[PDB]
Q: 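Opened a PDB file with benzolamide bound to Carbonic anhydrase II.
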Amino acid sequence: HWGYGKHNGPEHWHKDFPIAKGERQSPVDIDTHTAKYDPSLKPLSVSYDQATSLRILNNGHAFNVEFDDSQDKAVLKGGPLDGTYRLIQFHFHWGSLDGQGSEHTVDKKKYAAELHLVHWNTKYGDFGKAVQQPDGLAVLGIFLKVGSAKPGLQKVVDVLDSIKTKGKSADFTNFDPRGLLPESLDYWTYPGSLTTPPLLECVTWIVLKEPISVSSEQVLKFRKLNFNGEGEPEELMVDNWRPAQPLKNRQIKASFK
Ligand SMILES: NS(=O)(=O)c1nnc(NS(=O)(=O)c2ccccc2)s1
Ligand SMILES: [Zn+2]
């Protein structure tokens, strides 16, 4: 099965998922001097006041926090988007060391981790249909740097011991993702793909300029998770990030100058 090890990592994915060598794969390095300011881009509208989290799951390559998306509770609109996108899950990618872990990079700089808030376009009726469309998903990406603790993250950090191995899940209600956002919503955007198999090219990426800071202790707890199932030999869940892919015939646009 695919994963992040030496024998089944990103460099091998293309044998089972040939779209890995596609025209708009992600992630990609954001060159801040060649990104184009676009004054036509609108501010992001993040409406998370009615979000309903349900549970947290270790899926063997990350942990997902899942939300109820049966109704327009937590939605993303505006920015480069047309239409309403519903939040369905968030997850992180992180490194074994503080100098790596993010998927996108900024002028080749890597961050300690990257938060992905995944949303789908409600005009396609369900998530499975949305992932088959070029504008079906919108993922909000937020960088994490190591510094002062993020109070909003601690609820997540404290439950990780309950889902240490693959396939474990726990109830995770009344979590407010607003506590994970930076102060500013300035962003870069480009058309891209999921960064894990099946690597579908259905994503409008929105990457926030301002990182959030988390403490060393907080990220350390991430690194104690396991890729393996219970009873299996222990493999720590670290470096679950895909390297930057070529930009090809794409333009990254900036919401700010
Ligand atoms: N890193 S990333 O692109 O946001 C994603 N990686 N895995 C994801 N999972 S997911 O959206 O629930 C998903 C699950 C099944 C098929 C397509 C997408 S999103
Ligand atoms: Zn992701």
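Throughout, numbering of the chain's residues begins at 1 and tracks the sequence. Only heavy atoms go into these numbers, but all of them, side chains included; no hydrogens, no water, no symmetry mates. Counting convention: from 1, in listed order, for ligands and their atoms alike.
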Q: Curious which chain letters or ligand numbers map to benzolamide here.
A: ligand 1
Q: Could you say whether the N/O atoms of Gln89 and benzolamide ever approach to under 3.5 Å?
A: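 Checking benzolamide against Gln89, an N or O pair does fall under 3.5 Å apart.
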Q: Among the residues UniProt annotates as active site in chain A, which one lies closest to benzolamide, and what is the minimum heavy-atom distance to the nearest 1 Å?
A: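 Among UniProt active-site residues, the nearest by heavy atoms is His61, 5 Å.
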Q: Of all the atoms in benzolamide, which lie at a distance below 4.0 Å from a heavy atom belonging to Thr196?
A: 6 (N), 7 (N)
Q: Tell me whether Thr195 has any N or O atom under 3.5 angstrom from an N or O of benzolamide.
A: yes
Q: Give the other ligands or ions lying under 4.0 Å from benzolamide, by number and name.
A: ligand 2 (zinc ion)
Q: Any nitrogen or oxygen of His93, side chain or backbone, less than 3.5 Å from one on benzolamide?
A: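 Yes.
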Q: What Zn(2+)-binding residues, per UniProt, in chain A have a non-hydrogen atom within 4.0 Å of benzolamide?
A: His91, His93, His116
Q: Specify which UniProt domain of chain A supplies the largest share of contacts to benzolamide.
A: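 UniProt calls that domain Alpha-carbonic anhydrase.
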Q: Using a plain distance cutoff, I'd like to know if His61 has any nitrogen or oxygen under 3.5 Å from a nitrogen or oxygen of benzolamide.
A: no
Q: State which organism the entry records for chain A.
A: Homo sapiens
Q: Which substrate binders in chain A, per UniProt, sit with a heavy atom less than 4.0 Å away from benzolamide?
A: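 I count these UniProt residues with a non-hydrogen atom in range: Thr195, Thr196.
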Q: Mind pulling out the residues near benzolamide? I'm using a 4.0 Å cut-off on non-hydrogen atoms.
A: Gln89, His91, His93, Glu103, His116, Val118, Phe127, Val139, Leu194, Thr195, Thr196, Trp205
